[PDB]
Amino acid sequence: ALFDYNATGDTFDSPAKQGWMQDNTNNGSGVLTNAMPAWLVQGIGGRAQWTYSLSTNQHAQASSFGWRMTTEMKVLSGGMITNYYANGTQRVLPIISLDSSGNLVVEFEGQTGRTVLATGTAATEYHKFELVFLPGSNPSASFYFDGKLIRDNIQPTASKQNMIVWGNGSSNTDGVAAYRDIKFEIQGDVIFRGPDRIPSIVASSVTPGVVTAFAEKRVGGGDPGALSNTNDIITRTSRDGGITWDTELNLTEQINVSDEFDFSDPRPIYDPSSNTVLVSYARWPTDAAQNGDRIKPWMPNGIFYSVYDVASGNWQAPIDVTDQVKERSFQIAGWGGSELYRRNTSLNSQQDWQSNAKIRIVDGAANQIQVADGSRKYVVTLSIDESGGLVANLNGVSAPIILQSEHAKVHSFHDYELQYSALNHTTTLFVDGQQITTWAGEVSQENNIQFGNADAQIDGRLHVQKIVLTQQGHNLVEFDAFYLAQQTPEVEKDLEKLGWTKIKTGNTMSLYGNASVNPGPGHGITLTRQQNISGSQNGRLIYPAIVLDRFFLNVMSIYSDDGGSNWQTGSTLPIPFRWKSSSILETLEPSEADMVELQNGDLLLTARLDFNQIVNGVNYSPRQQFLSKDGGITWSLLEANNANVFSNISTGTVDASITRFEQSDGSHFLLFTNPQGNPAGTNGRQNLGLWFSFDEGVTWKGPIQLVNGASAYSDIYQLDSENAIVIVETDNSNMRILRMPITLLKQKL
Ligand SMILES: CCC(CC)O[C@@H]1C=C(C(=O)O)C[C@H](N)[C@H]1NC(C)=O
Ligand SMILES: [Ca+2]
Ligand SMILES: [Ca+2]
Ligand SMILES: [Ca+2]
Ligand SMILES: [Ca+2]
């Protein structure tokens, strides 16, 4: 909430015409002045000041969420120039004056001594005076003069005064000052009310002042997937930098006509090229979702986006991108074991045959597709090498073959075709129609087609969409995992019931997946520093989404290199595992995540780690950072870069936010928000903190406490050259707006 006085020239320029109450005594007075229009306070032989009354609830909001008072004035003479705020019990009182040398000085009630602010002709010229109050158990204000920190940790002092005040607050002491502008802002206006939840926010650089915020509208409350709620995506827009907001708009009820769905996790990206907001969100059937792993691949989970045209205020109807981002496959994780499927066949080695296998290599090695024709065996083994390239080894041939070096292509599906020539008794491998090589395989009496992960001592994971075997104009074998993966449970999908033999050693997991994809909470980004990042590009839209294969959550990039027309997925985060007992996996589950592009084009990602945090005695904490050096395709776990780097961060699991802040001089740093807990560094969703990184995410300074009270999910975005805007869940999950003077606050560090 903003309470202000602005002199414009309009002879409404009286503070009285702008809601202020004249409070003069004796000969105290005031008059409009126009050097540039201003109100001249004339506290000559009397008091001359202006006041504004606030409600109990307004004072309480100010106490819980902070406030700031900004004055542009010049002091002409005298003293007791008192611009301040008093809430009925306490106040922070700066007293500004000209001293006996004509120097402009300030002193504070409750602190010792004075500070010179300006000397010479500067003392009686206009300046900008800012008081910023940060809430907390032991709260304090800081005072700034033309943007520079003058005094910090100014603790409030007792006063029964109850008003916003500016001018010359003394009858017995002359003071004369001209005011161009007074702004008192109470932080924390409610923008979305609980039990709505899960906020995100972005701001338009092309149209300064435009801010677009999102949440889940939860009729009935609670997470998606409950029969007792119908959840939609809602949005509001500000055009004055987040002070006022237009009408709450339900973006998804138009595609939720029978309340058959829940939508969740609005993830906006601001696009400066089109000046648009593209917000992606999850769809779920209303009665099943991510919680409990209840969502299944045959159910209508997917991802849609809506586009806001900032220039017109138009919201475009939702667009479904589920087919592009929700993989359908049979997945074999040969992690600590091997798992192969073999279909015995009756190939005639004296006739040609052909096979096709559509396969994605997720990680590792010993991933195989094999055909044996009763005379010879042909095996292609697919691995990820040290530099993250895709490599083929053929049985009987010493030299490996590099198939791909570009990381997106390394982990995408490819068609592996074997063409056997009876005449030469050799087989030619084609990959995506490209002839790769010809080899003779090995002698064998086996007669089958076989695929999976082949070695219990070599970890690998491969996903399969199609397998075909053909001879003499007939398909002998056909397996369409892409089709089967999305069928309901009454369609037979068990390979062992479909004529395949399962050959498993040790511990493995396999499944048809994925069960769901979810953009996750917060916003995404457009990349602009990718020039020297091989295989990547500027203009990429990207966000870190949550994928559930069947039972385990993890994070992968979802991105578009054509402005949002077509979307692609990257690899999931690399995480440790351990089999604590047969078929019981100890591992991590990264879920709610946020990423930022560093100065060198590397991407820094911070992820909430849910459920178990400990693998082989190693505690990864409730939060873990990851780094991508290839534009978001693949990631690396940053050792010892977890919750530990955010001093006094809360110890409970919760969504966080991260973003880049750029100053007018081109300097930059990172901002991060998360509760501290109360006390700081304990469990609760209380006391939102702000952390800074001036070194590309290696260390973090802070926190600066932003909120005194409930603080759960949050999102932070740069608002302008000097401010960041924060949306944060608070009491009863009520989402509130903070507008934080970052360039001021950083000076407290
Ligand atoms: C994925 C993180 C977590 C796993 C327990 O679930 C989230 C936690 C939440 C929470 O801790 O408050 C609320 C989120 N809306 C929920 N996500 C979904 C899709 O229901
Ligand atoms: Ca409805
Ligand atoms: Ca529901
Ligand atoms: Ca987030
Ligand atoms: Ca699970």
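By the PDB entry numbering, chain A shows 51-61, 63-86, 89-802, in order. Numbering of ligands and ligand atoms starts at 1, following listing order.
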Which chain is the largest contributor of contacts with ligand 1 here, and what is it called in UniProt?
Sialidase
Which drug does the model show at ligand 1?
oseltamivir carboxylate
ask   = In this structure, which residues build the binding site of oseltamivir carboxylate when a heavy-atom cut-off of 4.0 Å is applied?
value = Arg250, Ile251, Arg271, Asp276, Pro277, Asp318, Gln343, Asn344, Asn571, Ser644, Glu645, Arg661, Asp663, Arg738, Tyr766
Item to complete: Measure the distance from atom 5 (C) of oseltamivir carboxylate to every protein heavy atom, then report the residue, atom name and distance (to 0.1 Å) of the closest one.
Response: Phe664 CZ, 4.1 Å
What residue and heavy atom of the protein are closest to atom 11 (O) of oseltamivir carboxylate, and at what distance? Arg738 NH2, 2.7 Å
Protein residue, atom and distance nearest to atom 10 (C) of oseltamivir carboxylate, heavy-atom basis = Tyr766 OH, 3.0 Å
Any idea which protein heavy atom is nearest atom 1 (C) of oseltamivir carboxylate, and the distance to it?
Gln343 NE2, 3.2 Å
Tell me: protein heavy atom nearest atom 4 (C) of oseltamivir carboxylate, and distance? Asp663 OD2, 3.7 Å
- Starting from atom 17 (N) of oseltamivir carboxylate, which protein heavy atom do you reach first, and at what distance in Å? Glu645 OE2, 4.1 Å
- Query: Which residue owns the protein heavy atom closest to atom 20 (O) of oseltamivir carboxylate, what's the atom, and how far is it?
  - Reply: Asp276 CG, 3.3 Å
Task: chain A: UniProt substrate binders within 4.0 Å of oseltamivir carboxylate (heavy atoms) - done: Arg250, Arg661, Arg738
query: How close does the nearest protein non-hydrogen atom get to atom 6 (O) of oseltamivir carboxylate, and which residue and atom is it?
result: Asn344 OD1, 4.0 Å
For oseltamivir carboxylate, find each of its N or O atoms that sits under 3.5 Å from a protein N or O atom, and tabulate the pairs with distances to one decimal place.
unit_1: oseltamivir carboxylate; atom_1: 11 (O); unit_2: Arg661; atom_2: NH1; d: 3.2
unit_1: oseltamivir carboxylate; atom_1: 11 (O); unit_2: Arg661; atom_2: NH2; d: 3.0
unit_1: oseltamivir carboxylate; atom_1: 11 (O); unit_2: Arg738; atom_2: NH2; d: 2.7
unit_1: oseltamivir carboxylate; atom_1: 12 (O); unit_2: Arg250; atom_2: NH1; d: 2.8
unit_1: oseltamivir carboxylate; atom_1: 12 (O); unit_2: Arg250; atom_2: NH2; d: 3.3
unit_1: oseltamivir carboxylate; atom_1: 12 (O); unit_2: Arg738; atom_2: NH1; d: 2.9
unit_1: oseltamivir carboxylate; atom_1: 12 (O); unit_2: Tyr766; atom_2: OH; d: 3.4
unit_1: oseltamivir carboxylate; atom_1: 15 (N); unit_2: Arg271; atom_2: NH2; d: 3.4
unit_1: oseltamivir carboxylate; atom_1: 15 (N); unit_2: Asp276; atom_2: OD1; d: 3.0

